[PDB]
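In this chain, residues are counted from 1 in sequence order. Order of appearance sets the numbers: ligands from 1, and atoms from 1 within every ligand.
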Amino acid sequence: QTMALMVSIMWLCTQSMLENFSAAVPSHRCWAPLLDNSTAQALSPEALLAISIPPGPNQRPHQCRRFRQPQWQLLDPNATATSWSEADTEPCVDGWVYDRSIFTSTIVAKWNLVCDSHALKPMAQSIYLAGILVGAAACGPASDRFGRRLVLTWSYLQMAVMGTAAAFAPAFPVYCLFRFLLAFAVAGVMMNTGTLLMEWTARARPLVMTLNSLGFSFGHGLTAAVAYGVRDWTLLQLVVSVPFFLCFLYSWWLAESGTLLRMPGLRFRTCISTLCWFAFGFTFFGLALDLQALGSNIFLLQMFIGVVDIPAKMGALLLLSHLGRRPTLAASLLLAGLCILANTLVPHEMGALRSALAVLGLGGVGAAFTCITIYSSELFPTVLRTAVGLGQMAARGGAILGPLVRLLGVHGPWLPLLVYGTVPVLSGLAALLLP
Ligand SMILES: O=C(O)CSc1nnc(Br)n1-c1ccc(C2CC2)c2ccccc12
């Protein structure tokens with residue numbers, strides 16, 4: 001039925017967005033003896049934190065350096081500011097402490113994802129998306145040979161097992177492998193859902209595609225409340241994977257109660273489609289995974305993203321039916337690109353405006369995804385329609401490369417967002433040439 005696949009391409013969105021909350025990095029500082037030892041450290045904890053940790057980014061105490069000896073020269077206003085030397089610091093050998101106000105436990109606070117290993121979280125997202133790519137590439141022959149229902153049930157069981165395992169992962173590589181297998185099963189379920197919704201009913205293909213997109217949006221909106229309700233990432237993953245264990249009951253229906261010509265032929269349309277899919281993947285899996293910097297409140301940001309993406313992807317079908325495929329797609333791409341660029345243009349103090357621009361950009365890239373999905377069914381004739389598979393593969397590759405460009409934040413906090421805003425502009429300018 002349609003409602004079952006809607007629930008199960010919600011919970012998939014919930015599982016995908018769980019990385020945006022479980023991998024969130026709270027405000028952390030170096031473990032200092034004058035702040036975490038017994039009472040003998042003494043009053044005025046702010047002064048102790050200032051004299052125990054040097055300043056860093058955003059005029060805040062350095063999250064990566066600690067003073068070996070208390071520098072009393074910094075607290076006295078009669079002494080000059082920034083008088084300490086670099087040799088007085090240490091590379092945080094004693095460890096780090098994290099703020100338990102917003103999140104009680106995360107994968108960053110558990111395995112100490114700090115500046116020395118800050119690339120692990122984008123590397124974790126890249127490994128997750130690589131597992132998605134591997135699953136989407138492998139489940140093809142599996143679904144073609146063993147049947148779609150068998151591979152669907154196996155992928156559901158694998159999802160549940162890997163979620164339950166990652167909810168209690170003792171090490172970082174073990175958690176990475178668990179996420180890799182979970183992404184394999186996620187991509188299997190995604191491919192099965194797509195290939196089933198493409199030919200179950202269909203004239204109603206755009207209608208069922210927009211229904212699946214609205215289900216995805218419902219999942220986007222529900223995962224925010226789920227993360228707001230559960231402050232522990234372990235219990236969060238547990239209660240997110242439990243619905244898959246419940247949906248596993250539908251196995252076996254309650255127990256019975258090649259195509260390489262896409263490159264030479266229509267090469268222009270092919271490369272344009274792969275470029276749009278790559279751009280969509282890039283922006284979506286680079287922006288939806290770092291919502292902490294795009295707004296002030298991650299839960300409210302995701303809620304607004306969902307509540308504004310619902311009508312956007314709703315009216316996307318009206319726009320496609322009235323104005324056409326190419327013009328509305330180019331318009332949505334250019335709008336998303338301009339919004340993400342203005343998100344870097346606006347100062348960081350305008351948090352509400354930054355959040356609104358992020359929501360608008362996410363709605364625009366979702367509308368662009370809907371538009372390219374509708375357009376892929378008509379860009380190529382029936383004799384060439386694995387063009388859609390190549391487009392999805394290019395989108396998954398762009399997704400994989402997504403978190404890898406986030407490492408450019410060392411050279412500047414706007415460079416990843418600058419790329420995420422510049423790519424859709426060129427994507428729309430290239431799609432404007434479509435027939
Ligand atoms: O075509 C493909 O299957 C890969 S496209 C892609 N890239 N990042 C992501 Br999230 N997705 C997406 C993958 C899958 C879906 C739906 C549930 C079936 C999505 C729905 C809306 C937006 C993006 C989606």
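Drug at ligand 1: lesinurad. In the deposited model, the macromolecule with the most close contacts to lesinurad is named by UniProt as Solute carrier family 22 member 12.
Following UniProt from the N terminus, chain A has transmembrane segments with a non-hydrogen atom under 4.0 Å from lesinurad at positions 1, 4, 5, 7, 10, 11. The binding site of lesinurad, defined by non-hydrogen atoms within 4.0 Å, is formed by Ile9, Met190, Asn212, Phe216, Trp277, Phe280, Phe284, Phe285, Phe369, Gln392.
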